[PDB]
Participant: 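Before we start, here is the structure in question, set down as structure tokens.
Numbering of residues begins at 1 and proceeds along the displayed sequence. Side-chain atoms are counted along with the backbone in the values below, which use heavy atoms only and exclude waters and symmetry mates. Each ligand, and each atom within it, is numbered from 1 in the order the structure gives. If you check the header, you will see the structure was determined by X-ray crystallography, 1.7 Å.
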Amino acid sequence: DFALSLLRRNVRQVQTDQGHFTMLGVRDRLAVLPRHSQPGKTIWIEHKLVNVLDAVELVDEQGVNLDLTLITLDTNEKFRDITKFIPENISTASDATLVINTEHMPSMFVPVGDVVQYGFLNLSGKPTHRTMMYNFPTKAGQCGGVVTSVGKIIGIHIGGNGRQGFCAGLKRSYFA
Ligand SMILES: CCOC(=O)CC[C@H](C[C@@H]1CCNC1=O)NC(=O)[C@@H](CC(=O)[C@@H](NC(=O)c1cc(C)on1)C(C)C)Cc1ccc(F)cc1
């Protein structure tokens, strides 16, 4: 129920020069993407070209790569504010669902099971922190996917090795 309404109201198909991604709209004109999507000044959102007002790579007190980029979109439409569904602290989970929505992989829900603390992750040679892991064969095209569990939004899909998948953890304070 919660995953379905999240998909409808907040999860959008996008394309950058790096390919297809799922984008989570967070509130108003603010949305989050995996860093490796490398959004430019213009982004493709559901068959429309959209101006990107600002893009900031997510940094926390530690000053390390979290593999997320916050963008502000030049749009009329305002995302439903879902920050209250993002935990105040990075949260592991059981019975999690990955919500993917791109032009090539539209509106798909994947039960990934337990989402456990993982932390540091070397993603194709690039150091990444505060990740969590699920034992599910995620694949190319699923980055940006939104990890959800029991009414909470807990991560964004960023990588996998064919047998396991990994997400960047989400905390409410990222979007304050
Ligand atoms: C161009 C296509 O891009 C996409 O489709 C983005 C979505 C995917 C989905 C992967 C695609 C596959 N199974 C998955 O779940 N992500 C990646 O491909 C990335 C890297 C991998 O996952 C690497 N995995 C690990 O390093 C890795 C380490 C451990 C441990 O587990 N995986 C590759 C070796 C697959 C892209 C990337 C490159 C440089 C970075 F700075 C950061 C990220």
Participant: What is ligand 1 bound to in this structure, taking the chain with the most contacts and naming it as in the PDB entry?
Facilitator: 3C protein
Participant: Okay, next thing: the drug at ligand 1, what is it?
Facilitator: rupintrivir (bound form)
Participant: Within less than 4.0 angstrom of rupintrivir (bound form), does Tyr118 place any heavy atom?
Facilitator: yes
Participant: Which option out of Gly141, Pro127, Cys143 puts a heavy atom nearest to atom 5 (O) of rupintrivir (bound form)?
Facilitator: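 Heavy atom nearest to atom 5 (O) of rupintrivir (bound form) belongs to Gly141.
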Participant: Would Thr128 count as a contact residue for rupintrivir (bound form), given that I'm defining contact as a non-hydrogen atom of the residue lying under 4.0 Å from a ligand atom?
Facilitator: no
Participant: Has rupintrivir (bound form) got any nitrogen or oxygen that is less than 3.5 angstrom from a nitrogen or oxygen of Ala140?
Facilitator: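 For rupintrivir (bound form), there is no N or O atom that lies under 3.5 Å from one belonging to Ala140.
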Participant: Compute the shortest N/O to N/O distance between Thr138 and rupintrivir (bound form) and return yes if it is under 3.5 Å, no if not.
Facilitator: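 Yes: some nitrogen or oxygen of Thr138 is under 3.5 Å from one in rupintrivir (bound form).
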Participant: Applying a 4.0 Å heavy-atom criterion (strictly less than), which segment of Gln18 is in contact with rupintrivir (bound form): side chain, backbone, both, or neither?
Facilitator: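 Neither part.
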Participant: Any nitrogen or oxygen of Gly165, side chain or backbone, less than 3.5 Å from one on rupintrivir (bound form)?
Facilitator: no
Participant: In rupintrivir (bound form), which numbered atoms sit nearer than 4.0 Å to a non-hydrogen atom of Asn161?
Facilitator: 31 (O), 32 (N)
Participant: Work out whether the distance between some heavy atom of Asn122 and some atom of rupintrivir (bound form) is less than 4.0 Å.
Facilitator: yes
Participant: Looking at atom 40 (C) of rupintrivir (bound form), is any protein heavy atom nearer than 4.0 Å to it?
Facilitator: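 Protein heavy atom within 4.0 Å of atom 40 (C) of rupintrivir (bound form): present.
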Participant: Under 4.0 Å from atom 3 (O) of rupintrivir (bound form), is there at least one protein heavy atom?
Facilitator: no
Participant: So, regarding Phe166 and rupintrivir (bound form) (criterion: nitrogen or oxygen to nitrogen or oxygen, under 3.5 Å), is there a contact or not?
Facilitator: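 No; the residue has no nitrogen or oxygen that sits under 3.5 Å from a nitrogen or oxygen of the ligand.
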Participant: May I ask which of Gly144, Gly160, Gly159 has a heavy atom nearer to atom 32 (N) of rupintrivir (bound form) than the others do?
Facilitator: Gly160
Participant: Hey, does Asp67 come in under 3.5 Å of rupintrivir (bound form), counting only N/O atoms on both sides?
Facilitator: no
Participant: Which residues and nucleotides from other chains come within 4.0 Å of rupintrivir (bound form), counting heavy atoms only?
Facilitator: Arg35, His36, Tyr118, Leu121, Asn122, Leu123, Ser124, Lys126, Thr138, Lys139, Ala140, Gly141, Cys143, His157, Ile158, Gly159, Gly160, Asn161, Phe166
Participant: List, for rupintrivir (bound form), each N/O atom that has a protein N/O partner under 3.5 Å away, with both atom names and the distance.
Facilitator:
residue, atom, partner, partner atom, Å
rupintrivir (bound form), 5 (O), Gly141, N, 3.0
rupintrivir (bound form), 13 (N), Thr138, O, 3.1
rupintrivir (bound form), 15 (O), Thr138, OG1, 2.7
rupintrivir (bound form), 15 (O), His157, NE2, 2.8
rupintrivir (bound form), 15 (O), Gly159, O, 3.3
rupintrivir (bound form), 15 (O), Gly160, N, 3.3
rupintrivir (bound form), 16 (N), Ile158, O, 3.2
rupintrivir (bound form), 22 (O), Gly160, N, 3.2
rupintrivir (bound form), 22 (O), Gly160, O, 3.4
rupintrivir (bound form), 24 (N), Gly160, O, 3.0
rupintrivir (bound form), 26 (O), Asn122, O, 3.3
rupintrivir (bound form), 26 (O), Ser124, N, 3.0
rupintrivir (bound form), 32 (N), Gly160, O, 3.3
rupintrivir (bound form), 32 (N), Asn161, N, 3.4

